[PDB]
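Record below includes nirmatrelvir (bound form).
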Protein chains: 2
Amino acid sequence: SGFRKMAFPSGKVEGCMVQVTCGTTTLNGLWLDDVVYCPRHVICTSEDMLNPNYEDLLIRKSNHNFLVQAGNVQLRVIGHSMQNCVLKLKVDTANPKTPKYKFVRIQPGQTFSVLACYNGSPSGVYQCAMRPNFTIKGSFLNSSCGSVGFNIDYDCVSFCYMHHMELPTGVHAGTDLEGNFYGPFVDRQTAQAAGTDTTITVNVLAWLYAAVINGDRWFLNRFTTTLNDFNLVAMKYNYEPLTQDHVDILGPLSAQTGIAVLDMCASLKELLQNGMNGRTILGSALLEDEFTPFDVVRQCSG
Amino acid sequence: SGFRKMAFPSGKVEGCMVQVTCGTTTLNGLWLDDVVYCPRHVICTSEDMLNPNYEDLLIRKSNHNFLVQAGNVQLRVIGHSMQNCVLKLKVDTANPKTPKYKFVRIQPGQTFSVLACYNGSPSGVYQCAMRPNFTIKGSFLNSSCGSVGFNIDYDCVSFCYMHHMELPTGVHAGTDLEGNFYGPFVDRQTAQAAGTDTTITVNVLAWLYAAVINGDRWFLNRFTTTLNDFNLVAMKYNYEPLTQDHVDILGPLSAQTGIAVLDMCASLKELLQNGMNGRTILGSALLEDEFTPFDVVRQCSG
Ligand SMILES: *C(=N)[C@H](C[C@@H]1CCNC1=O)NC(=O)[C@@H]1[C@@H]2[C@H](CN1C(=O)[C@@H](NC(=O)C(F)(F)F)C(C)(C)C)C2(C)C
Ligand SMILES: CC(C)(C)[C@H](NC(=O)C(F)(F)F)C(=O)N1C[C@H]2[C@@H]([C@H]1C(=O)N[C@H](C=N)C[C@@H]1CCNC1=O)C2(C)C
């Protein structure tokens with residue numbers, strides 16, 4: 001038993017990380033087959049950041065303006081194209097450590113593992129959620145760009161995130177691996193803010209189910225509520241509305257514990273209304289929303 | 001910016017996870033060069049969990065009673081020895097994926113990543129601390145045993161933890177990689193309980209320095225303390241005594257912030273009195289004690 005913020009094992013993705021140099025700019029690339037994916041802002045100088053002309057700055061580049069460094073082995077760029085906000089560099093060498101993979105775009109509320117990298121070298125692995133405001137609360141310093149978000153399904157790596165920037169609130173913004181931004185953000189050093197976030201309610205109900213599965217039961221009450229009446233208490237506390245989608249999705253945890261979603265919703269209502277009376281749930285003083293229903297079933301089943 | 005409970009990249013340890021079967025018992029082994037390290041309780045039946053005689057159980061065992069599986073490949077056990085509470089199986093094949101490694105025994109307050117494993121397969125990676133009471137707050141199910149804890153310095157994996165048992169408070173006990181238990185615990189299903197846990201004070205201090213590095217000062221005050229006055233107050237919150245050794249270790253974080261350790265001690269003392277008054281520090285409403293001074297310098301300074 002026990003319940004941790006658990007990351008996916010990172011080995012398949014560590015075998016894919018390279019250093020991409022364009023001029024003085026170094027960041028990370030994902031090397032899959034004979035293509036290296038990286039943020040297009042690698043080609044930007046200091047200047048070329050308030051108003052980058054990407055189409056224009058790209059055409060002024062040769063293949064040999066890009067040094068791609070695969071540990072200590074230098075990869076020769078034999079092609080270059082931009083897809084939205086990712087640069088795709090065709091390399092003379094295919095990655096022998098390429099996993100079973102697809103590119104996937106996630107929803108707000110869905111979780112992933114980040115492999116934080118610097119100069120092509122994996123640094124740390126952590127679990128994140130896509131905030132409803134389409135930011136992630138990562139841990140990213142200078143030269144973290146080209147760090148990727150992933151899920152594993154069996155032996156298949158699902159790449160869902162590439163890291164691009166930090167917003168003034170210390171939160172992070174990026175794209176899928178096709179270079180489409182999550183959220184209303186642009187890859188220019190200009191004034192950008194995170195929108196006001198809300199709490200991923202389905203994830204909190206799923207986290208209370210995890211608490212119950214670990215014999216942490218104190219928050220359980222007698223009230224049954226309606227879906228509407230819980231979504232009215234919820235919207236006052238900046239919680240996401242909970243939809244039948246979200247209720248049917250808690251099925252396996254309601255079955256596992258025998259506790260009906262609406263009985264659990266009546267608990268979280270009471271918790272929203274009061275607080276935790278100097279008690280914790282699974283050793284947190286806050287209502288956690290960065291564990292999906294699949295995360296709780298996954299962890300608890302092994 | 002940002003601050004995450006962050007684990008080492010798991011690939012170098014994922015390269016080492018095997019399945020060890022005995023009769024009906026399957027658990028995890030650590031495959032390094034031509035030896036598999038696993039829990040000696042793999043040789044236990046249903047009966048023998050209470051007062052196992054390990055020397056008498058093992059003498060009855062041949063090399064060929066030990067089924068070691070690396071992915072598909074079954075390894076050939078050509079030797080067995082007992083070292084404390086670990087079983088060592090000499091196999092006919094050196095692991096080609098053996099990373100640079102050492103075995104280290106850690107102290108309470110030290111942090112490590114766990115690769116959670118079932119049947120030699122990886123579940124997940126998470127960050128843990130050796131609690132003052134020689135337990136860890138893990139996430140471990142049936143057949144979790146042999147799952148290991150580790151740190152990585154550059155390219156070297158230092159193995160520090162092997163999983164053996166869950167105590168009745170839902171916390172975890174294990175050995176070093178020489179099979180010496182952390183704490184007073186034994187590999188028997190005898191009545192055992194962890195002693196009352198204390199907060200790792202040097203870690204909470206290190207984490208407050210991390211919050212200041214990240215731009216947060218709200219919790220500081222114009223007061224200082226003596227080390228002794230600090231220890232009289234903190235010992236009333238079930239905080240570990242802070243030593244001069246702990247003061248010395250916080251020295252780099254002090255230099256970086258320009259806040260003397262005893263001034264930050266004064267800060268913690270007031271936080272213990274007042275709590276957070278609806279505020280959070282690095283997204284927590286509790287005082288976080290599972291980041292070392294070293295972990296903070298690692299994530300906030302690189
Ligand atoms: C990645 N390699 C870096 C810095 C990382 C990202 C997360 N934390 C970091 O410190 N990314 C960048 O330098 C990007 C890059 C230009 C500016 N930029 C930013 O992250 C800046 N932020 C913004 O301009 C904002 F707020 F709008 F997002 C910066 C002020 C340097 C943090 C480009 C092309 C967006
Ligand atoms: C919890 C249980 C009551 C079963 C027991 N605990 C106590 O006997 C104690 F309370 F005394 F410690 C206990 O863990 N074990 C009994 C037996 C080994 C260990 C065990 O079964 N290990 C499992 C590995 N195959 C993983 C476990 C179960 C879920 N989470 C874990 O970590 C040994 C100590 C020899």
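To find a chain, count down the sequence lines: A is the first, B the second, and so on, and within it residues start at 1. Technique stated in the header: X-ray crystallography, 1.7 Å. Values below: every heavy atom of this structure, side chains too, minus hydrogens, waters and symmetry copies. When a ligand or atom number is given, it counts from 1 through the structure's own listing order.
- Per the PDB entry, the macromolecule making the most contacts with nirmatrelvir (bound form, ligand 1) here is 3C-like proteinase nsp5.
- The heavy-atom neighbours of nirmatrelvir (bound form, ligand 1) at a 4.0 Å cut-off, by chain: A.
- In this structure, the binding site of nirmatrelvir (bound form, ligand 1) at 4.0 Å (heavy atoms) is formed by A:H41, A:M49, A:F140, A:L141, A:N142, A:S143, A:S144, A:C145, A:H163, A:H164, A:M165, A:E166, A:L167, A:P168, A:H172, A:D187, A:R188, A:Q189, A:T190, A:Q192.
- Covalent partner of nirmatrelvir (bound form, ligand 1): A:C145 SG.
- Within nirmatrelvir (bound form, ligand 1), the atoms closer than 4.0 Å to a non-hydrogen atom of A:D187 are 34 (C), 35 (C), numbered from 1 in the order shown.
- Nearest protein heavy-atom neighbour of atom 16 (C) of nirmatrelvir (bound form, ligand 1): A:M49 CG, 3.6 Å.
- Taking every non-hydrogen atom of A:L167 and a distance limit under 4.0 Å, the qualifying atoms of nirmatrelvir (bound form, ligand 1) come out as 26 (F), 28 (F).
- Ranking the protein heavy atoms by distance from atom 31 (C) of nirmatrelvir (bound form, ligand 1) puts A:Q189 NE2, 4.2 Å first.
- Close approach of nirmatrelvir (bound form, ligand 1) to A:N142 (heavy-atom distance below 4.0 Å) involves ligand atoms 10 (O).
- Nirmatrelvir (bound form, ligand 1) is contacted mostly by residues of chain A from UniProt domain Peptidase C30.
- On the PDB entry, the origin listed for chain A is Severe acute respiratory syndrome coronavirus 2.
- Close approach of nirmatrelvir (bound form, ligand 1) to A:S143 (heavy-atom distance below 4.0 Å) involves ligand atoms 2 (N).
- If you check which protein heavy atom lies closest to atom 1 (C) of nirmatrelvir (bound form, ligand 1), you get A:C145 SG, 1.9 Å.
- The nearest protein atom to atom 12 (C) of nirmatrelvir (bound form, ligand 1), hydrogens excluded, is given as A:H164 O, 3.8 Å; this is a heavy-atom distance.
- Regarding atom 19 (C) of nirmatrelvir (bound form, ligand 1), its nearest protein heavy-atom neighbour is A:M165 CB, 3.8 Å.
- UniProt active site of chain A, nearest residue to nirmatrelvir (bound form, ligand 1) and heavy-atom distance to 1 Å: A:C145, 2 Å.
- Looking from atom 9 (C) of nirmatrelvir (bound form, ligand 1) to the surrounding protein, the closest heavy atom is A:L141 O, 3.5 Å.
- In terms of protein heavy atoms, atom 27 (F) of nirmatrelvir (bound form, ligand 1) is closest to A:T190 O, 2.9 Å.
- Regarding atom 23 (C) of nirmatrelvir (bound form, ligand 1), its nearest protein heavy-atom neighbour is A:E166 O, 3.6 Å.
- Near A:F140, the atoms of nirmatrelvir (bound form, ligand 1) lying under 4.0 angstrom from a non-hydrogen atom of the residue are 7 (C), 8 (N), 9 (C).
- Nirmatrelvir (bound form, ligand 1) places these atoms under 4.0 Å from at least one heavy atom of A:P168: 26 (F).
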